Amino acid sequence: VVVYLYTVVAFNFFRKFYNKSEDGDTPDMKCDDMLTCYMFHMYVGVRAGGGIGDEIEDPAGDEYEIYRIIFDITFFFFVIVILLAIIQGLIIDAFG
Amino acid sequence: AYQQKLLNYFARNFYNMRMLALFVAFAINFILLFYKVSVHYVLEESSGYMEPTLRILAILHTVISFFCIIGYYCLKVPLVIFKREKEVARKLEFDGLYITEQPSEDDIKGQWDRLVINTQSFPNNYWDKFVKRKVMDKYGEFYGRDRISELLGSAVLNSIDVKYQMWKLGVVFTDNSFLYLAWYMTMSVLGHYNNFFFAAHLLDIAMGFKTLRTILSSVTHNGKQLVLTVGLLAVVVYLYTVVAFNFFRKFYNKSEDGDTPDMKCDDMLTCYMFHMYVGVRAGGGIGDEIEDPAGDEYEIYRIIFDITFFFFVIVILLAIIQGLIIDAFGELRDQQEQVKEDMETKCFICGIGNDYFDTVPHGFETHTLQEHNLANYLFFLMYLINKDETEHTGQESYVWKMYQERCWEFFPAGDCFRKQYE
Amino acid sequence: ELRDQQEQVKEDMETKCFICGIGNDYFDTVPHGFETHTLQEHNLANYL
Amino acid sequence: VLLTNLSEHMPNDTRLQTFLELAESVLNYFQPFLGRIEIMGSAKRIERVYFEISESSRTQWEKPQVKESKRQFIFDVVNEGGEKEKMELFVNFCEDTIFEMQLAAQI
Ligand SMILES: Nc1ncnc2c1ncn2[C@@H]1O[C@H](COP(=O)(O)OP(=O)(O)OP(=O)(O)O)[C@@H](O)[C@H]1O
Ligand SMILES: Nc1ncnc2c1ncn2[C@@H]1O[C@H](COP(=O)(O)OP(=O)(O)OP(=O)(O)O)[C@@H](O)[C@H]1O
Ligand SMILES: Cn1c(=O)c2c(ncn2C)n(C)c1=O
Ligand SMILES: [Ca+2]
Ligand SMILES: [Zn+2]
Ligand SMILES: [Zn+2]
């Protein structure tokens with residue numbers, strides 16, 4: 001539910017910061033498809049480890065830079081640290 | 001009278017359209033992700049009722065939301081308005097705050113309750129009307145004149161309840177739960193106006209499966225070391241930015257190889273947002289997004305700098321942030337455990353439990369089934385209220401008088417009848 | 001360890017006083033019992 | 001009520017016992033109805049009190065809207081509660097549970 005809420009927000013505002021291609025000279029890939037966006041965020045941002053701030057456009061020189069930094073930093077360390085750590089904690093406490 | 005029938009239907013049926021509203025919002029946001037970009041539009045995959053049933057279910061959601069809050073208006077609102085009247089009256093009698101206290105600038109709740117004494121119908125539920133005249137004539141002699149004053153004072157124009165109803169709205173609007181469901185209604189309305197943020201109604205999983213008091217559970221165990229600890233992490237990174245800015249004014253390159261118009265970290269402000277956004281969200285540490293130290297006379301300093309400082313930062317600080325958050329869950333589960341276990345071994349009323357009570361087979365089971373059972377006190381109070389005040393027995397009237405006196409030692413503390421025998 | 005010592009200062013101080021050193025077990029049966037102990041009886045400044 | 005009071009305030013009989021088990025489907029019909037409690041009736045000894053449980057209240061208290069409030073109250077008591085307020089808050093719970101029992105009964 002948290003990742004789906006995120007996909008709602010990022011899809012409904014950040015309709016340019018996704019590039020699966022390289023540098024845009026190749027026929028660039030924004031992931032507008034909501035369905036794909038969600039599987040993207042699971043498959044990539046959860047299996048990232050470093051967070052979704054890696055597979056992303058760099059925020060240099062844009063008037064959404066502050067919002068996207070606050071967005072990324074707070075939201076996804078709040079996601080991966082807390083949620084994945086307590087999933088791990090439940091599974092290990094089962095063994096306990 | 002159809003409105004009477006209707007509101008009694010909604011109050012009898014209240015705890016099912018919560019589940020229905022959660023199911024409806026869940027099924028709508030099952031669909032809402034089917035979008036694309038042309039300006040936003042929905043595709044058509046299998047069955048061509050996507051747009052009209054989205055329209056229908058948004059209508060139905062908003063109706064069930066308003067439906068539900070009116071059902072909640074007819075329900076628990078009398079219970080909480082009852083509890084507030086009872087607290088106000090039983091602090092006028094045994095304390096008399098509007099005689100003596102005139103309370104302090106904190107606890108503004110009673111200060112709002114000040115606006116209700118000069119109504120027409122003050123204790124209008126309270127199982128009662130009487131205690132107003134009792135208090136204001138028991139104290140109205142050597143604080144006489146003002147209390148004797150403030151005791152007495154279709155075609156309907158101004159003959160309804162005015163100040164009590166305003167006070168009632170004031171107490172209703174300070175609720176947790178009512179204000180929560182009113183915000184839920186307004187989000188239904190604005191999501192009906194714009195179906196993008198209609199998905200905020202998956203936040204009602206906060207009253208999810210067998211976790212009905214999760215709002216109180218999350219409000220309670222907020223450690224607030226964590227705010228001070230995030231402050232500590234910010235201070236350590238700010239100290240770092242001071243040091244790196246004041247010495248290492250060349251080892252930052254956001255560009256590639258310098259043939260591009262290179263980007264050297266200089267702006268203090270940015271240097272700080274850079275270190276948060278990058279070095280904290282690194283994982284590998286700030287030793288990655290950096291110049292390599294090959295061939296420089298600050299190589300030793302920068303290696304010691306990076307290694308010691310940022311494993312000292314990320315390992316220790318981020319691990320103990322994680323530890324605080326997980327230990328919050330640990331406290332949740334421990335209190336949810338030692339409610340149940342020590343309730344199921346040692347009851348309220350005895351308060352000793354199955355140790356010398358233990359030897360009877362099905363012992364504590366028989367205790368809570370027959371002996372006290374905690375509703376027989378409640379049904380006992382039904383019985384001991386609903387009879388007349390001449391037909392009590394001896395023990396019966398005795399318990400009535402001790403209840404009216406507020407003594408509270410007729411509950412058997414430390415011993416019960418089975419233990420009394422010997 | 002920090003949090004454990006900060007915890008079992010407060011709890012065993014608030015159940016069993018200095019001077020008695022037995023606390024609310026056979027002292028328990030009085031309502032507001034240990035409260036009355038530390039308020040009236042010893043109070044640790046009345047020694048001072 | 002009377003036969004229960006005989007058998008309980010005087011157990012360990014030989015005299016009553018044959019009569020006690022003799023023809024009692026009344027006891028089967030009236031152990032949803034008798035409520036027994038325990039108090040101290042100023043003689044400093046525990047004295048059990050037998051009374052009536054209204055038939056319009058077992059349904060009224062075993063249904064939801066009130067069974068909901070029960071667990072919430074048990075949680076707020078056993079979670080945090082001083083050794084003296086226990087019962088005062090308990091009777092406050094009793095009184096507004098009567099109030100809710102009333103206004104749920106009118107439904
Ligand atoms: N003095 C007491 N007053 C009330 N309940 C007690 C007391 N002592 C023990 N109990 C326990 O309360 C439990 C009530 O049983 P149970 O919880 O299954 O039914 P319930 O209370 O209706 O369910 P729920 O708690 O889900 O509403 C019993 O297991 C009993 O052990
Ligand atoms: N023998 C004792 N001597 C001193 N204090 C005791 C003793 N036994 C118990 N206490 C506890 O000391 C506590 C003092 O109360 P409290 O800590 O609220 O005031 P304080 O000591 O002035 O506050 P602070 O500790 O913040 O200065 C009481 O709760 C009491 O239970
Ligand atoms: C009518 N009535 C009373 O008269 C009453 C009471 N509690 C105490 N009294 C005195 N309750 C709950 C009640 O309903
Ligand atoms: Ca009489
Ligand atoms: Zn008991
Ligand atoms: Zn002492």
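Below, chains carry the letters A, B, ... as their sequence lines are ordered, and counting in each starts from 1. Numbering of ligands and ligand atoms starts at 1, following listing order. Partial entry shown, contacts counted within. Side-chain atoms are counted along with the backbone in the values below, which use heavy atoms only and exclude waters and symmetry mates.
Among the options tiopronin, ibuprofen, chlorpropamide, caffeine, the match for ligand 3 is caffeine. In the deposited model, most contacts to caffeine involve the chain that the PDB entry calls RyR2.
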